[PDB]
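Depicted below, darunavir in association with Protease.
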Protein chains: 2
Amino acid sequence: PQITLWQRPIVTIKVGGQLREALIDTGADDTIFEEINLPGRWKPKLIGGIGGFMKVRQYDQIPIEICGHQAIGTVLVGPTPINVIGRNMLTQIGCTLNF
Amino acid sequence: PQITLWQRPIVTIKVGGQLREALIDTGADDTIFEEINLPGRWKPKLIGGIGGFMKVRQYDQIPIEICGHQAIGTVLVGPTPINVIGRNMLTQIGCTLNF
Ligand SMILES: CC(C)CN(C[C@@H](O)[C@H](Cc1ccccc1)NC(=O)O[C@H]1CO[C@H]2OCC[C@H]21)S(=O)(=O)c1ccc(N)cc1
């Protein structure tokens with residue numbers, strides 16, 4: 001779809017068999033979820049944002065459905081205040097900015 | 001223009017008579033710059049992101065030019081690792097997401 005920005009651009013996700021909502025976030029390189037339970041191996045990773053850094057688990061090659069569109073990629077798990085879909089996934093679903 | 005997301009969506013800004021680059025950030029409610037010098041009164045404000053919170057100065061009714069488009073609104077000043085154009089300004093320039 002087209003999404004305007006009068007409200008936070010939140011969409012419905014399916015990831016690791018679980019349903020979540022997440023913010024379409026063009027300012028995020030990476031995709032990060034709080035409180036999902038993903039299978040298999042992971043590596044610790046530190047991420048930097050406003051306010052400092054955060055420790056996350058990095059999972060690779062994770063399938064995700066983003067507003068009905070399929071992608072696969074890295075998903076970070078850690079204490080984000082809101083789940084975010086970043087550019088690593090947005091490029092796969094053909095998401096663009098327009099003005 | 002249309003901007004794809006294979007690279008960070010960075011654009012050229014003019015704000016407070018100064019030139020900067022900033023990230024088009026749909027995941028930011030607010031617009032925040034590091035190291036600009038804005039005129040007049042301001043209020044302290046705390047902002048939350050990944051990694052915790054940040055103290056900023058809030059300036060109201062600040063003109064900005066974003067990739068050649070005019071807007072006016074709140075601009076936060078504080079130690080962000082990258083300057084960000086948030087939804088408060090993006091709505092004024094007619095920015096949308098599309099996929
Ligand atoms: C829902 C939040 C994440 C909103 N953030 C905007 C977000 O786009 C920024 C944009 C941004 C970019 C770099 C540094 C700080 C913030 N942050 C971000 O943390 O991305 C992180 C996830 O992937 C990595 O790639 C970029 C940093 C990592 S925020 O910077 O904390 C923020 C929150 C409120 C306002 N008004 C302005 C900015």
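All chains are named by letter (A, B, ...) in the order of the sequence lines, taking the proteins before the strands, and each is independently numbered beginning at 1. Remember, it's 1-based here, ligands and their atoms both numbered in the order they're listed. Only this structure's heavy atoms are used, side chains among them; waters, hydrogens and symmetry mates stay out. The way this entry was determined, per its header, is X-ray crystallography, 1.5 Å.
- Copies included, the model assigns darunavir to ligand 1.
- Using a 4.0 Å cut-off on heavy atoms, the other chains next to darunavir are A, B.
- With ligand atoms numbered from 1 in the order given, darunavir contributes 31 (O) to contacts under 4.0 Å with heavy atoms of B:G49.
- Atoms of darunavir lying under 4.0 Å from any heavy atom of B:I82, numbered from 1 in the order shown and given with element: 11 (C), 12 (C), 13 (C), 14 (C).
- Taking atom 34 (C) of darunavir as the reference point, the nearest protein heavy-atom neighbour is B:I47 CG2, 3.8 Å.
- Here is the list of darunavir atoms found below 4.0 Å of a heavy atom in B:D30: 35 (C), 36 (N), 37 (C).
- Nearest to atom 14 (C) of darunavir among the protein's heavy atoms is B:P81 CG, 3.0 Å.
- Counting the atoms of darunavir from 1 in the order shown, those under 4.0 Å from a heavy atom of A:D29 are 23 (O), 24 (C), 25 (O), 26 (C).
- Against a heavy-atom cut-off of under 4.0 Å, A:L23 is close to the following atoms of darunavir: 1 (C).
- Scanning the protein for heavy atoms near atom 27 (C) of darunavir, the closest one is A:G48 O, 3.2 Å.
- Source organism of chain A, per the entry: Human immunodeficiency virus 1.
- With a heavy-atom cut-off of 4.0 Å, A:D25 touches darunavir through its side chain alone.
- The heavy atom nearest to atom 29 (S) of darunavir, out of those in B:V56, A:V56, B:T74, A:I50, is found in A:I50.
- Across the listed options A:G86, B:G27, B:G51, A:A28, A:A28 owns the non-hydrogen atom lying nearest to atom 22 (C) of darunavir.
- With a heavy-atom cut-off of 4.0 Å, B:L76 does not touch darunavir at all.
- Around darunavir, within 4.0 Å by heavy-atom distance, are found A:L23, A:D25, A:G27, A:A28, A:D29, A:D30, A:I47, A:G48, A:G49, A:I50, A:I82, B:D25, B:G27, B:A28, B:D29, B:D30, B:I47, B:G48, B:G49, B:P81, B:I82.
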